[PDB]
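Below, a PDB structure including ampicillin (open form).
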Amino acid sequence: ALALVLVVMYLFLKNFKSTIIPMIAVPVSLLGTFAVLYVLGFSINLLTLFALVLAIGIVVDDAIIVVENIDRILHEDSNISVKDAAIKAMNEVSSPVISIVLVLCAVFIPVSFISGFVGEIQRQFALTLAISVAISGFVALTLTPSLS
Amino acid sequence: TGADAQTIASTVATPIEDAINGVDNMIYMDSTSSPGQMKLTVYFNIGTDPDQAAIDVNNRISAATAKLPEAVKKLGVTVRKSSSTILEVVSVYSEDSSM
Amino acid sequence: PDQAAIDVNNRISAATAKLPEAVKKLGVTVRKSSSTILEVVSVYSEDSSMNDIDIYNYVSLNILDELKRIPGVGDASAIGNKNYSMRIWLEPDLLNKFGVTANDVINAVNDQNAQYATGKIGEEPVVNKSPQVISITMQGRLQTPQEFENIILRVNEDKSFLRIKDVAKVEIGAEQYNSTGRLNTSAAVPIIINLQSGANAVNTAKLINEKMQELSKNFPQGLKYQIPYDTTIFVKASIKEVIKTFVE
Amino acid sequence: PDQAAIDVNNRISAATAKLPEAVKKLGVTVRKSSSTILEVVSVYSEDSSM
Amino acid sequence: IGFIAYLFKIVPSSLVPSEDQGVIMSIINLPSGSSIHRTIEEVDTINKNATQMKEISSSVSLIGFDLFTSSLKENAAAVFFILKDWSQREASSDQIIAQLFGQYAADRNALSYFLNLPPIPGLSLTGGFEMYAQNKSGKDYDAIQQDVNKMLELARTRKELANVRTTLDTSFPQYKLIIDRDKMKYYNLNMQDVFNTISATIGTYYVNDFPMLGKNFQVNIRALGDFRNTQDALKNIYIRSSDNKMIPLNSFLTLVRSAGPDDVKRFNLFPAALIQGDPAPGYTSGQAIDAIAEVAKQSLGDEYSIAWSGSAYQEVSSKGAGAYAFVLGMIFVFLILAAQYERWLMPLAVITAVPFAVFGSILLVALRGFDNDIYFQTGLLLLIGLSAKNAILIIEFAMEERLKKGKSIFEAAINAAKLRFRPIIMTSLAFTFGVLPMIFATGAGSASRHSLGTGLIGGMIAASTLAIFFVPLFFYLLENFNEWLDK
Amino acid sequence: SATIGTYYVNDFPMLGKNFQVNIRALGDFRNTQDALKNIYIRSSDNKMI
Ligand SMILES: CC1(C)S[C@H]([C@H](NC(=O)[C@H](N)c2ccccc2)C(=O)O)N[C@H]1C(=O)O
């Protein structure tokens, strides 16, 4: 997935240096997820590992949305510099991203409240996803624009 | 040893089952008796700490050991947490007929 | 509340050996109970179709076990202690006539009302294999008073067997005749519930009420439960009074 | 130390069989212990009559 | 949306996909009472035939232990047939199971059931209820099972219940010892003593422990098996009288052929039988639980009672917690997007984007034939959220065009959608292709991989192919409605 | 303890549970101070005392 993202980053954004930003960001957004999963009682088991595959999605989307929108603004105006462009785009998307992380976690926590053996199974997946959205979203807010 | 399941259910299972009843956070109890052996698995509400469940069951049982038949007391009662699962099975085998 | 019980239990176990044998056979119980009555539930026969000994037994076997399981109940005990027992009522004038001591009755019942171990037939190691393994079963505990009556104290050499029937009267009575309970003016069995230490009275009280409603559906005709004395009633009532005050 | 005690008692209980009968009859005791001696008090009869 | 609900109804609802774990468990039970020698011979015949098949490399066996009813029964025995690595064997576990079933399909000495190891240990793949019919009247176990077999016949008539079965078996051979207490007493023999003699000769008596290799080991006394095997075993056993007279056991003791339960089960402090059942493919698990309860109350006597274990217990004791939580979660989502858009109506547009993802997922699984497993449900959580994220952005950018740049309601919905076209395409392309290997995955965990994958691919495709066209339409309608309110 | 008091010898099976057997004398014989005189024990030389 990481390499496929690089291919989309390279073809769509027509830059090779733009690929470095996902490379640094995606692992950081997964290592962070692991650290929280350690602090919480969660262990690595088959169901959490399946969740990690799902988690890749949230993390990749967050990097892609940020880089692309900065590039879009950097191509909309010749006069705009990369750093001004980053600030502009971040102002546009900062509020949605915070709202995305709250909305998404609201989607996942009720799954954790499901009672029964199937809710225990489902919660292992859901909570991991909720951790991922938050860690990924903080990275999208701070680390990703800076790298861009 | 040497007792039929009916005898072991009435003589051994019933005294033990009664003592453990009322142990905190216990949803239900199930006991099966087979000639020579009694297996009784308490089931506890989800989220109960195993170590706390085991120790409680043990307490209640050591009070009712005396009621139990002497042969059963001589061998004693084993209380264990069954929450564990099988990581792996290792079978040592005599390829030859020498053991 | 729970670690204290573990600590008390751990220390008592060494003492349990030192205790007298009879005490240890009946058992010693360590329970996390305040000994202060949360509530008293009265199960009574309105129909009067069930005698008090029977009502008590129904509430021990069917209701008490369920109430003990409910979270927050340290111990639920019905006051009467009239659980069934086979009672062998010795008559000392017949014992004296047939020359039998009480002890010879005690020894006889222990020996002739017990279930022992009998092994299986066809089990291995056997040189000549058999088609099946069959398990010997035995019944050595008498279930009826007429069977208990026929326990043999001595053979009178005319091959006449002296039995309990001759020296005593057997019946199914109750283990203790010491205490009874009443609801209003009529007889009822009183089930006193003591709250487990560290548990909410109101939650436990509401749980006991809902278990009893479920149990009542299965009650044999003529049985009503009332719970006249409940402690939480006042607490809940004062909660309602302060809620009304808040609106006002 | 309280939770350590529970885990020792639970493990001993599981191994009921391995133990010889005479130890079982007496019983096995698991209790939290500390070796620190805070103090040694010595009670003596000044009179020496006792 | 109507199609989504038709699809949800036609797709089977199964808890977790059956999976090849590499082991083909085999439970072999001989007729009741069979001696271990018969059972071992049968295991041997079963295992040399298995050796013939290439895929089954080795085989572990456990004679005399019944796997289903944990217990030591001589008639029962389980032979686990270890298969070859997934990458080394073309045949799947199911194919090999069929071959094993086919060879043993013929009637023979034993009955063999071949099954794949449980996908998730400690969990029944079925939605089956375990119900214990406790007997409060003291009836004997033989009487209990005649009462419960009647329950069974009523149960099999009812539609919701399927595969209703009971664990209790009274078939096992037993010998009943009749004690003539008149004679025993007359022979001056005490009852405990006459059983110590039986326990030593016919059965095993553990007198004391002896030291060996640093560990105390048991000392046991039993008779040469030549003596134990026959019913008249009793006649060679003798017990001293208090008058010092040898008196044979057969005099006062008689062994009578009988049949009785090998395993006696008591649940919740009451004698009980266990009724297991499966829901009807059409009917839900909850419906099955309700149905069997009704059957039990009418067929069984008032003296009986019904209790539940495992999954059934939880369903009966359910606080409807999940339902409350889900409603709260939605209300929270509503409000948190209301804050973002500063409009009460606008977050409805985001919630409408969600069923396009859900439709792609349930459509593809239906075409594939995959069921509504937990994996599918977890897939949905991701799908939903990804679809929501994309929608939140399209709607926000649209608001900006309408407000900041003063674009037209129609023009704004075109501009936003086009601005957000590229990020959605890029993320979908990367992720879908990334999880495409799951669809083709083989080896351990393959069924699970496939199940998570099929839902994901379908949903992702739907969200990028269909949702993006639709979300502007929703926004266009809501913005128009807001303007109408302003008028 | 078996004529003035109740002695729990063993358990008897009823209703799927085990219930105590208690051997105590008839009430009239334990009703007075001189109750002790009615009760008789055998000795080692088999004579009731
Ligand atoms: C009784 C069991 C819990 S054990 C069996 C299975 N056991 C294994 O997979 C063992 N690891 C094994 C035993 C023998 C040979 C190979 C593996 C499991 O736990 O799911 N399935 C269950 C069953 O057969 O009901």
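Lettering follows sequence order; numbering is per chain, from 1. Side chains are part of it too, since the values below use all heavy atoms of this structure and drop only hydrogens, waters and symmetry mates. Order of listing sets the numbers, starting from 1, for every ligand and every atom in it. A fraction of the deposited model is presented, and contact counting is confined to that fraction.
- Contact analysis gives the chain with most pairs under 4.5 Å to ampicillin (open form) as the one the PDB entry calls Efflux pump membrane transporter.
- For ampicillin (open form), the other chains with a heavy atom below 4.0 Å are labelled B, E.
- Other-chain residues and nucleotides with a heavy atom under 4.0 Å from ampicillin (open form) are B:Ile86, B:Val89, E:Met25, E:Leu67, E:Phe80, E:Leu117, E:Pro118.
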